[PDB]
A.B. asks: 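The structure under discussion is supplied below as structure tokens; questions concerning it will follow.
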Amino acid sequence: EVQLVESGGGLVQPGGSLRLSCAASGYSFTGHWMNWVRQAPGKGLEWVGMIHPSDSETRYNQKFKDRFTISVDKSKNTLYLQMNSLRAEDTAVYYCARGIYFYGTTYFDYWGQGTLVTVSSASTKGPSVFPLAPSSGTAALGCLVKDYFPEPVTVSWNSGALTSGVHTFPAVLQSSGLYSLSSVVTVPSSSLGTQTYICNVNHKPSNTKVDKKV
Amino acid sequence: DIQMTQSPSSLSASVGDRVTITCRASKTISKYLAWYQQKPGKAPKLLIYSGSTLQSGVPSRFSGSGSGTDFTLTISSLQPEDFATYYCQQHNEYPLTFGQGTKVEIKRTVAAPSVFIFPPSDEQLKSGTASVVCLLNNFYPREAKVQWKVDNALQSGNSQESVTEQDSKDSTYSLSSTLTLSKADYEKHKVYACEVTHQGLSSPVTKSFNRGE
């Protein structure tokens, strides 16, 4: 059965380059056109281009012709995307997808899981964690997980003892190129005298772990 | 190139509803339009191609119609597994081009946010930056307006927001807004206020603190 698996994604600096791979198994590789399709975070889909594994015939979306090269090694059942001179707008999940090119032009019947490419000039850095203190019958507290790179961080409360009413927000990319996120929880006002609240923050890319009492 | 215009951008519906999603092409694409369903963190799945042909395995509640420039995806009766993002894609010419998507979420009753404001910590102030946070908790619909005020001066350009996806238990959203000031600017002012506008509120709610209180 058709199986598509992308690899090669990750962090890259502006002006950098990357080669993505797509291993296509479980069917006759030389029988169908293969495609790259990219989707920026929050956004919809952009078709990069296509290649026929039999003879490496290509067709590109004009917008990608200068900087993107599609190739294939039919002996390895593998498709490639070489992406050059990268820029912030190239940040996206990149999918390989099998084309049906038969009714008119092409639609996509099988897709890979996608590989994320993130273009950034920031430097690896673990977060600083600051309390969001409950104000002097429901109260809110939280932690501010500020100035880290790359994503992700994880946040738990009271080592997982506290889960109800927790909201951990999507990270925001700041103008510095570092991320920030907040995690909050609503609790009984009565509890603030008696119950301890600690956020447990992990940032694996920097091997940073922080517990903050609120 | 063909530009695909998809509407609505967002729709809140209930299980059992008939859902109608439209795609308009900038010029004719004959009968060749495909539809995909996408769930968060997953790849798109093909539902329909050539306007109306279901991919084998796609449930019969999904249907497609249209030709030329005007097309529709219909879900005859919405099921729980159907809440998701849908995209159209023309396949009449190259380059291949997509609509910008329709996000289908769960309808519930209007709920006003509970609003909370948090001052910067003393520890952060030592770094030379002040972050002021405003929380809008468990509200519906998603649309809401946060205005920061510093000593009653309306702030612009120095805040960022993010929003959770619909809560799995109560179908509400939460939102945090963060106002970022230098320590010097922070210490030049007394009253910090977060003013919230929302459908559930008959007039804007303001939460405030005084620096040092």
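Proteins come first, then strands; the chains are lettered A, B, ... in the order of their sequence lines, and each starts at number 1.
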A.B. asks: Of the candidates adalimumab, sasanlimab, efalizumab, which is the one found at chains A and B?
C.D. replies: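 It is efalizumab.
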A.B. asks: What label does the deposit attach to chain A?
C.D. replies: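 According to the deposit, Efalizumab Fab fragment, heavy chain.
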A.B. asks: What molecule name does the PDB give for chain B?
C.D. replies: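 The entry uses the name Efalizumab Fab fragment, light chain.
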